[PDB]
Amino acid sequence: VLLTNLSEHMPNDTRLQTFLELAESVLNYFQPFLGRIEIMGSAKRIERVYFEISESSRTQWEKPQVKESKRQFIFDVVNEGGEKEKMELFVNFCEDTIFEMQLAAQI
Amino acid sequence: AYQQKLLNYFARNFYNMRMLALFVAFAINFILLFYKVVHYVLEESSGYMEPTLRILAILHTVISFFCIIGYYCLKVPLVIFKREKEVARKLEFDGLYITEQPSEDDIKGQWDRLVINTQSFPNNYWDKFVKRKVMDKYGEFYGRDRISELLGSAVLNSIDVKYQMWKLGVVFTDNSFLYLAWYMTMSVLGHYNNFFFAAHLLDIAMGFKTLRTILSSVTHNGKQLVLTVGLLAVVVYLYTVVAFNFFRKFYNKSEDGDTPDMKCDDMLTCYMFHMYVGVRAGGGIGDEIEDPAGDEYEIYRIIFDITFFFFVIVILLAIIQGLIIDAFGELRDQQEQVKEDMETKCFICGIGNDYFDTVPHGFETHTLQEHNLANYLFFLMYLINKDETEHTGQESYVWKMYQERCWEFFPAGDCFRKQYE
Amino acid sequence: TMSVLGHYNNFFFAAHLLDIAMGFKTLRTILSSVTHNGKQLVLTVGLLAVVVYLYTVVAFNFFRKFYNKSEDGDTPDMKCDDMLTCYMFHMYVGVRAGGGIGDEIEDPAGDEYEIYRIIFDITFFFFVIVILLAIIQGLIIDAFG
Amino acid sequence: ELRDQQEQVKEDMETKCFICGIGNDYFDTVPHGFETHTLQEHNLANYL
Ligand SMILES: Cn1c(=O)c2c(ncn2C)n(C)c1=O
Ligand SMILES: [Ca+2]
Ligand SMILES: [Zn+2]
Ligand SMILES: [Zn+2]
């Protein structure tokens, strides 16, 4: 996740870029595992910060019983709503999603 | 011995439980075509099918009971988790039961005027320290020891009592729970009688949703359709004055007069007659009435027929049909509108489908990577997982932003391609 | 194999004329205007079936005297007092009714349950004749658009 | 016709402003702006 952030912050190299193609296979093993999001971390600009995806929890997410509620939620938010708390609605939506996956782990 | 061990199985197949539960109801209602009158049961087959009917009439019922069991596992407290989260954060930000004391309405909310004092208050939500936290938000202002006290085998009396009663009082106020409870009361009567007991088949209106396109294509527009009923009623309430004041000789439901010749010379009677006949007419009310062949008011009679022939038969038929087909076009346009707005520019930055595919094959990957909406949820799992002692400044930062319930950090118009050149 | 039967028999041998459905494509606009929407149209058939499967319980439990396909009773007076029989009867008649099922049934002129009979006619008169006709037509014209 | 006319009117109210009438997107280029841009910069009853 370090060296990918080096790639992301610094593309347009050669010596890094040949090191970026040096030996990168577990790299490709590492892509259920790393999350890449895009925030503004009070930098008054974007921040592309990365982190780990617990793939066991992500498999716990991979079932439906939620994905249609997800798409339902999609229809809801594009349908109408106060247009700023729609992210807040997404927060609550996520919190309940957490509750769902938490309760469906023990199955 | 097996109690909570098998408990996961019930919600674990609860949807398939529901599917087979509705699957039984066909073969329930199927056999009643083989009826005969008194009530006779015909079996033109292997004659043990009637004892298997006697079996299945209660087998379906205990299936539905097991469906309510698996539901009582499944779509239970997550809803009251939401309700509890809601009321907790609203007393937190607001102190509604302390400072505001809401009105006679919100019976759902006023029900939670009785959960304020309850002991294991977020029994499945988060944490009870928020109670002491909002005591410190408000008790120094108004009452410190007052409002805190306002909050607060061998299983002999160690239970949540009134919290549990509040929980149930919320629990009763559910659509689908009451739907299935009503379905259980529907399935009761196999032990009682199959008068209405095979009539479970309403459940297709919530089983498959493919049909619900049609039902929604009705049900949003019905608020005018009841008014169509009303205007029908009043225009025939008009028409029943006319011949009642002017063509009672043209009333004749008589069997050719030599019988006790029948003419509705009461306003209500001819009204109900037009309702029964002239509504179901098709060919016009002049079909089922005295034709004129020389009357003084023959042309009045004819023009009355013509005005009926148009204004009922043409008009209101066309009204209901055109309502339905504009309802069709409305719902289809709405659906594909939603589809387009999903498939345009992003949800999160939401700038241009063209714009992040200015570079080819970008925008979909720009979605799948720069916005990838489930990953923000994953990130919240990541944050709520670990400890702030090990947060980075971004991590602790946005953690605190969420702690503030603020949400400013999301990208408005300012993606990474947008950030640079 | 359709054209085989000229040596055999013109029972179905002159019935080759389905081939217009793939010969000219000008007509296939219409057939496509049906065929993409038929996946709900079979469900329209199903809901028809079950609402008349409902309606055939009602008078069968409550208006068997109002059943009469009798030739005025002096004949071996005909009333479908079996659920399947009156079901198929509504299917044959009340579907093809137009004027309502109260047309082809005993009218009441003084019954205890006369108003129940009347309101049963009215609910039929709407919910079949108006509604499902309009359903299929509106399905077709939104399919057009 | 009548439904399209009605929702057309609705959209044109809910697009860009009445007064400046520039861009619903444009005064919500900054987030949560355009509605407040209406409610403050144009706030049509306030001119009355
Ligand atoms: C207890 N608790 C929390 O306190 C919490 C949370 N998510 C956010 N918070 C703040 N979750 C999932 C949680 O279980
Ligand atoms: Ca630290
Ligand atoms: Zn975005
Ligand atoms: Zn303006």
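Chain A corresponds to the first sequence line; subsequent lines are lettered B, C, and so forth. Note that chain A carries the PDB entry numbering, so the residues on display, from first to last, are 4101-4207. Numbers in chain B track the PDB entry; the residues on display, in order, are 4487-4523, 4558-4672, 4696-4964. The residue numbers of chain C are those assigned by the PDB entry, with the residues present covering 4728-4872 sequentially. Throughout, chain D uses the PDB entry numbering, with the displayed residues spanning 4873-4920 in order. Only a slice of the deposited entry appears, and the contacts counted are all within that slice. Start at 1 and go down the list; that is how both ligands and their atoms are numbered. Header says: electron microscopy, 4.5 Å. Note that these values count all heavy atoms, side chains included, but never hydrogens, waters or copies made by symmetry.
At ligand 1, of the options methimazole, caffeine, paracetamol, psilocin, the drug present is caffeine. Going by contact count, the macromolecule most engaged with caffeine is what the PDB entry calls RyR2. The heavy-atom neighbours of caffeine at a 4.0 Å cut-off, by chain: B. Source organism (PDB) for chain B: Sus scrofa.
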